[PDB]
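To keep things clear, I will list the structure first and then write my remarks on it.
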Amino acid sequence: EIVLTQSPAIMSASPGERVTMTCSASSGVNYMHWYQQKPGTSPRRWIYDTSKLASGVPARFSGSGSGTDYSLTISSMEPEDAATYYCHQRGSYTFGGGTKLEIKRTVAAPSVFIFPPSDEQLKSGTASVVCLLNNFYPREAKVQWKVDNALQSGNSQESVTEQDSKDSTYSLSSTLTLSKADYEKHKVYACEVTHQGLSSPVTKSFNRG
Amino acid sequence: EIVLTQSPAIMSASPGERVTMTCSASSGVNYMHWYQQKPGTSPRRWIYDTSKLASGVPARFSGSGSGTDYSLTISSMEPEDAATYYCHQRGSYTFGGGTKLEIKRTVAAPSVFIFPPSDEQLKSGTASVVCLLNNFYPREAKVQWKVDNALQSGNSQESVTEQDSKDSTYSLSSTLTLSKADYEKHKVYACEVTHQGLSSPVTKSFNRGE
Amino acid sequence: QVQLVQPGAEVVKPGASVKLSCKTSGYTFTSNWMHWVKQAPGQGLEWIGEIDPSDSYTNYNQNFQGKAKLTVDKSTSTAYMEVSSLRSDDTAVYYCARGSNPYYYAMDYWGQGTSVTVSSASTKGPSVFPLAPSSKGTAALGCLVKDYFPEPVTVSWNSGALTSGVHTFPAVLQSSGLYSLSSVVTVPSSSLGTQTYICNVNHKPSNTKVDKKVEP
Amino acid sequence: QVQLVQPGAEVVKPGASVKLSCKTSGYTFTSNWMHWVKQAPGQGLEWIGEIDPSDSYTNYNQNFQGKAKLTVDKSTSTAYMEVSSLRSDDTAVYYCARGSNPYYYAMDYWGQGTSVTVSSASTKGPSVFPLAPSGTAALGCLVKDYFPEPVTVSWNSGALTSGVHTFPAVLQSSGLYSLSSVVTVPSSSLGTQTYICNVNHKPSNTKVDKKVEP
């Protein structure tokens, strides 16, 4: 009956920068609560009744709103504030989509590594090819699998770590899953990596044998 | 990959009449399947592998073809055969465009009715003017809304029923929707109906406020 | 005795995803490929793709790359299709169909089909307005069932006593995202004095049950 | 102090049902409405419903009517949610959260959540394969085909920790989890010292060590 739409979905904020995220309702409401959830942990009450700060919430956190537009404000962004914030209220049937607030840092292009399937895995009927993208920022990246220059689709699964504690970067591993018969049919396997820190795509490849 | 095209789009068959519809492929195939779909129900395997009748299909159906041209035939049309028939084969991503087979009856001109918006609805800010076309055949018709002799455009939606199981006619309702403010700014509301059963177009109208 | 069971209707909001289920019974689930077919409203049928439940091998219509994802659950003999990033173009009826073995015996069992509506509307009961018979034989009256969500509504006349000459039109989706419907009936003009006429509108998703009297 | 104790994890077969428990302590159970919140993997928070423990009145999210049924036991101060007809998309972390009184003070205490996995696979140990390397170079281990979560990966009995990345575990079309753990080492060290990944799978009591050679 009352839909909550948060904006924006993802936020990159440097240390000390001002941070403002918004939560809009499809109809008028009296108040709005905000919840904090970090990866692996349960959500916590953070700002209730529009502007009341829950216990332990730093003074740099601010709540405000009226009618259909509510907001959460951080006057000086700190690295401990990196989390996902959800807005909600009894009047709404479910939570907002959330706003993932990440720590902003300098651009670091990914380091690309390729790994052929092991010999003992080839002894079965499966050949996994793994492409590693190590310590890059921002998150946005594109990994293409090329085997004999044929563009692959629907046969690769990706996994991305959370933002690193020390250097605030991301890591990504893409696994190409192909049978042993299809693997030895072709010769050259490659992953093509594109990222805003790379003016030219980085390609890592190998040949069987 | 291969495109399938059926002819004709709509078939009007009298009871007892011979019916044949065709399915043309852009390239040669070895076989063609036919599916039957009645409104509100899922497609059902009707004729598969060109000429094999599926279970429950009466013997009056048959299929034939080779190369690019395949067909479906009914030796004698029964009312229960009225449906939309699609052709399809594994070499195509889209089914055939379908042949809607209806029952052909005698010509019946629509009985036209117009309804002003109720007072209860006007108290909420919206005016709905309804034009009803009742029990007509064939399906082809033209409805035109005239507000102070000005043709309306885009501010109306129409709804048509499926072919009636009792008398094989159609019925059509057109709803013209205006704000209460715009409604009170004009006098005469009218819908004009043309149909092949009607010598001249029929118009039903009213003046706002009676 | 083979049954393919799909849920009747699914309302999902734009930009989200929906996982359509197709529970099978009466045969060994791994012995037949499973197809999925799309039918937009007032449109034809479009083949989406096929999956082999034995090894989850999939063949897709290239127009649905990324859009649709086929999987199977062999432990419950259920095939699934997931349509992501939903927009208004995706509102259709989705059928699951069992492919024969050999394939040239066509798709021999079809699921009920799941009507997927990509809408952001809230649940809302209808407003029922009369369609009063005019002054000037056979007269026509009716009811305007307007602005409700979701589908459907049922319409009865005089608690089911008046059924002859009743036409309840298929609902229409307005630009607002809500449905509108009209139910009409033709009656003798002489009866407009004595016999009253009442349309009964019932909309279970909002527990709305309206009775409306129609009179000139 | 307020505690909302939930069991950590449960593996349930598709088609069956499961009754999740939320045992409270530190307050009068009947004084606060109890909420339940679904979080599918990688997705947001979805609200299921609420129950008043005083008279068991319940209000549900429209999309969970018939899927989840909330109940309460006052005698043990415990709230329950029963999810029935489980399918793969019911795999989520399910939270219970206490509603404040007055209600406009939001959900103040949350449970740790019960990680529910809906799968038909049986407890199976992982297969570990080497990611052979080829200034700085990367090497690792491919941990494949295990159930259920999780596995722990160590390098050289815990001596090699810097530069290590143990990615989240993806789920394959077979119903088994697959995980990669990588580590960057100087190229000079290749061929000299040994690199061994220590994979431990608690549910199946399987421990695997694999040497990664160029």
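Every chain is numbered from 1, with letters handed out A, B, ... down the list of sequences.
Given netakimab, coltuximab, golimumab, amivantamab, erenumab, the compound at chains A and D is identified as coltuximab.
Name recorded for chain A in the entry: Coltuximab Fab light chain. The PDB entry gives chain D the name Coltuximab Fab heavy chain.
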